[PDB]
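Quick look: CB3717 on Thymidylate synthase.
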Protein chains: 2
Amino acid sequence: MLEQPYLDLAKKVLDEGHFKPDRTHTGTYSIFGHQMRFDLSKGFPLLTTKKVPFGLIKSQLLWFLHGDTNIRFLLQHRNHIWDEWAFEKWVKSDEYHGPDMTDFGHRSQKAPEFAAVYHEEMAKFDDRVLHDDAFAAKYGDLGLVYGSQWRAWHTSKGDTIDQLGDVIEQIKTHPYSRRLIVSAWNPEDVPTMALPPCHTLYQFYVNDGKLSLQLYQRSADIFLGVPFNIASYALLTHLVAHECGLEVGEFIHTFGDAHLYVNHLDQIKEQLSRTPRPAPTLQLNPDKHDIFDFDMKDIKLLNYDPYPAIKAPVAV
Amino acid sequence: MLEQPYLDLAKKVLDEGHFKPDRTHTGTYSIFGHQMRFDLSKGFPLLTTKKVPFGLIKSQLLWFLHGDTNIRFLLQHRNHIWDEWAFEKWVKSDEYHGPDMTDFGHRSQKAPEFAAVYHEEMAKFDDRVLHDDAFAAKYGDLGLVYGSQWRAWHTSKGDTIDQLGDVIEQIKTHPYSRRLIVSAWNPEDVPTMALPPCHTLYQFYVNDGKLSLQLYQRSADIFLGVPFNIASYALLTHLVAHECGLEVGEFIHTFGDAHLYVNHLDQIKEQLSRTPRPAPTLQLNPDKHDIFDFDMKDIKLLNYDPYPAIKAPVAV
Ligand SMILES: C#CCN(Cc1ccc2[nH]c(N)nc(=O)c2c1)c1ccc(C(=O)N[C@@H](CCC(=O)O)C(=O)O)cc1
Ligand SMILES: C#CCN(Cc1ccc2[nH]c(N)nc(=O)c2c1)c1ccc(C(=O)N[C@@H](CCC(=O)O)C(=O)O)cc1
Ligand SMILES: *c1cc(=O)[nH]c(=O)n1[C@H]1C[C@H](O)[C@@H](COP(=O)(O)O)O1
Ligand SMILES: *c1cc(=O)[nH]c(=O)n1[C@H]1C[C@H](O)[C@@H](COP(=O)(O)O)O1
């Protein structure tokens, strides 16, 4: 069925993959250079062999398309993907006078009262972020995320370039070019960023009547992040298309380093004894047209039947 | 042998390729999303089935790595790839008081004394560019080429970021990351450029002892430009490697729109009856280390045996 691309690249790696040392010191298994494509007419690429949550997926992409770079939207929307990130600027300053959640990362996991205390201090960041307007303002703003990359790229002369918006319109106007590229990689900001864009660039394309998209990813977690990244880029392709009056052709995913962690091998093996069930379907509220106007409810996923969700030891 | 990637993608297109309208109005045949890789241990990827000139290739890449954005280096080096470009800013101004080489493009080809007059006026641009220091200065400077992209990216606060240089050093220092990316796509300059970077981004990678590279190209001419683009990116990989004390693994080429023109189908067919001969070899001056110091002579190509060069009707 549709997710076989995913099972085949997971085969690739734990077989042809050659180990690589790492940033949070649990080795990985890496391949470099890899493409796979999913034809969005057969159905939507979420995985039936592991539960992948389409609610977090959804909230996250929608925050991207508003230009939002503030976790307040994500926290009132039961999304926490990005929490740690901002909680990491909080704990290192003038203000943090509390019980040191410093270096909290693996420290939370295979370590002491970093089940509570850590996980009890987040209530404090996530409450104040939801309430104190003066709080989110500053500590819940996350600076440079996909929002500023996609809709407010920063130029020399102060201005903000909505390069995604410009793009979408470029599409309705000149559907046949090679030039529908949004880059999330800006070199002067790259030097000093905690995570600089992993989803690095993407190209849109009009086929004959169909839209396609191609994502270049430079670094990609096969078990943990990849399932997700597929559904968010296939959502984008449905969303841009409903907007320009189009049919959906394929989403193509090109990889720089796709890599599995040793933390994750017994667990992908487990995925692998399951045999993919039918591909789910997507219905978009047809009344509304204009994707920046869409909201949680306007995007339904029909006929999804998941194999149980495999338990993720993260790395650090 | 090594160039089969190229013959297979040419098969792809004139067979699976679906026509696409175009910018200089001679239709094309297009596929979207495509990867191929060449293992640089078996030899160097120049094509034995068509003459591809390694001198222009060479001069061109070397101009890139000096930060140069001025055709004076290229013209005293028998390279003319980029001429028309600057001759196009010349003919539209204050200064051009001559015999109107206006719109000169297909106008040169299937049209009157645009064999001479056109091709006789270039002597004037290319002479003055070689001599008048005050000429190259201004009209032979080509502004934003791969040189400024690769070694002087333009930031907000005046500064120039040598993102290729930084990269190479990043390599010697942290050989194992996902972060060796050079982007030639800057969104604020993109809006208004005659040709904005086609060779859009590339990722370097250290294998176990070997360097690899991956080029994302957004738009790619299969008969005319692709032969070339392979040899320049495989040269870069040999050059960066000799510098960091490394072995050469692969060059991987990922395509956005790879496309053939109707102008070119009888001619690629012709390529195709030939059967690739042995792959050539590359010797780099081993004394010199530091690629920005290299020069024409320091790069030899041994054992190249070409099939005759097929005559290129360009498009416009
Ligand atoms: C894009 C992307 C994926 N991403 C982003 C992202 C960012 C940095 C990374 N860093 C590393 N080392 N590996 C990754 O896979 C990774 C992924 C994620 C971020 C957090 C969680 C997480 O633990 N929080 C979930 C837990 C629930 C679940 O497991 O279903 C949460 O929402 O609370 C998961 C994925
Ligand atoms: C990168 C790249 C390729 N490029 C750059 C480049 C830029 C714009 C393009 N535009 C279009 N429509 N198609 C292309 O293939 C193309 C290629 C080239 C540029 C000029 C010539 C050319 O006619 N001049 C050669 C002729 C000699 C020969 O045919 O061997 C010369 O050097 O004088 C060839 C390739
Ligand atoms: C990048 C960012 C994101 O949103 N999700 C991801 O999958 N990642 C991953 C990639 C890699 O596993 C790690 C960061 O890579 P690097 O060490 O910085 O090169 O998080
Ligand atoms: C891009 C620039 C270059 O150095 N060499 C190339 O091969 N090209 C090509 C791509 C395409 O054939 C044409 C420009 O594409 P677009 O119409 O601007 O999208 O020249």
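As listed: the chains are lettered in turn, A, B, ..., one for each sequence line. All residue numbers given for chain A refer to the PDB entry; the residues shown span 1-316 in order. Quick note: numbers on chain B are straight from the PDB entry, i.e. 1-316, in order. All ligand and atom numbering here is 1-based and tracks the order in the structure. Worth knowing before you read on, the calculation uses all heavy atoms, side chains too, and leaves out hydrogens, waters and symmetry mates.
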Query raised in the report: For CB3717, what are all the matching ligand numbers or chain letters?
Result: ligands 1 and 2
Query - Heavy-atom contacts of CB3717 (ligand 2) under 4.0 Å: other chains - result: B
Query raised in the report: How is the binding site of CB3717 (ligand 2) composed, by chain and residue number, at heavy atoms under 4.0 Å?
Result: B/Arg23, B/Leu56, B/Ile81, B/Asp221, B/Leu224, B/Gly225, B/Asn229, B/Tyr261, B/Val316
Query - UniProt dUMP-binding residues of chain B, heavy atom under 4.0 Å from CB3717 (ligand 2) - result: B/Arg23, B/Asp221, B/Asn229, B/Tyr261
Requested in this report: May I ask whether atom 5 (C) of CB3717 (ligand 2) is less than 4.0 Å from at least one protein heavy atom?
Outcome: no
Report task. Would you confirm whether any non-hydrogen atom of the protein falls under 4.0 Å from atom 23 (O) of CB3717 (ligand 2)? Result -> no
Query - Closest UniProt active-site residue, chain B vs CB3717 (ligand 2), heavy atoms, 1 Å - result: B/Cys198, 6 Å
**Report entry** atom 35 (C) of CB3717 (ligand 2) [closest protein heavy-atom partner, distance rounded to 0.1 Å]
**Finding:** B/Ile81 CG1, 4.7 Å
Query - Residue and atom name of the nearest protein heavy atom (relative to atom 27 (C) of CB3717 (ligand 2)), distance in Å to one decimal - result: B/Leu56 CD1, 5.0 Å
Query raised in the report: What protein heavy atom is closest to atom 10 (N) of CB3717 (ligand 2), reported as residue, atom name and distance in Å?
Result: B/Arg23 NH2, 3.4 Å
Requested in this report: Please determine if B/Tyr261 has a nitrogen or oxygen closer than 3.5 Å to a nitrogen or oxygen of CB3717 (ligand 2).
Outcome: yes
Query raised in the report: Just to confirm, does any protein heavy atom lie below 4.0 Å from atom 2 (C) of CB3717 (ligand 2)?
Result: yes
Requested in this report: Answer yes if a protein heavy atom lies under 4.0 Å from atom 29 (O) of CB3717 (ligand 2), otherwise answer no.
Outcome: no
Query - Taking atom 15 (O) of CB3717 (ligand 2) as the reference point, the nearest protein heavy atom with its distance - result: B/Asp221 OD2, 2.7 Å
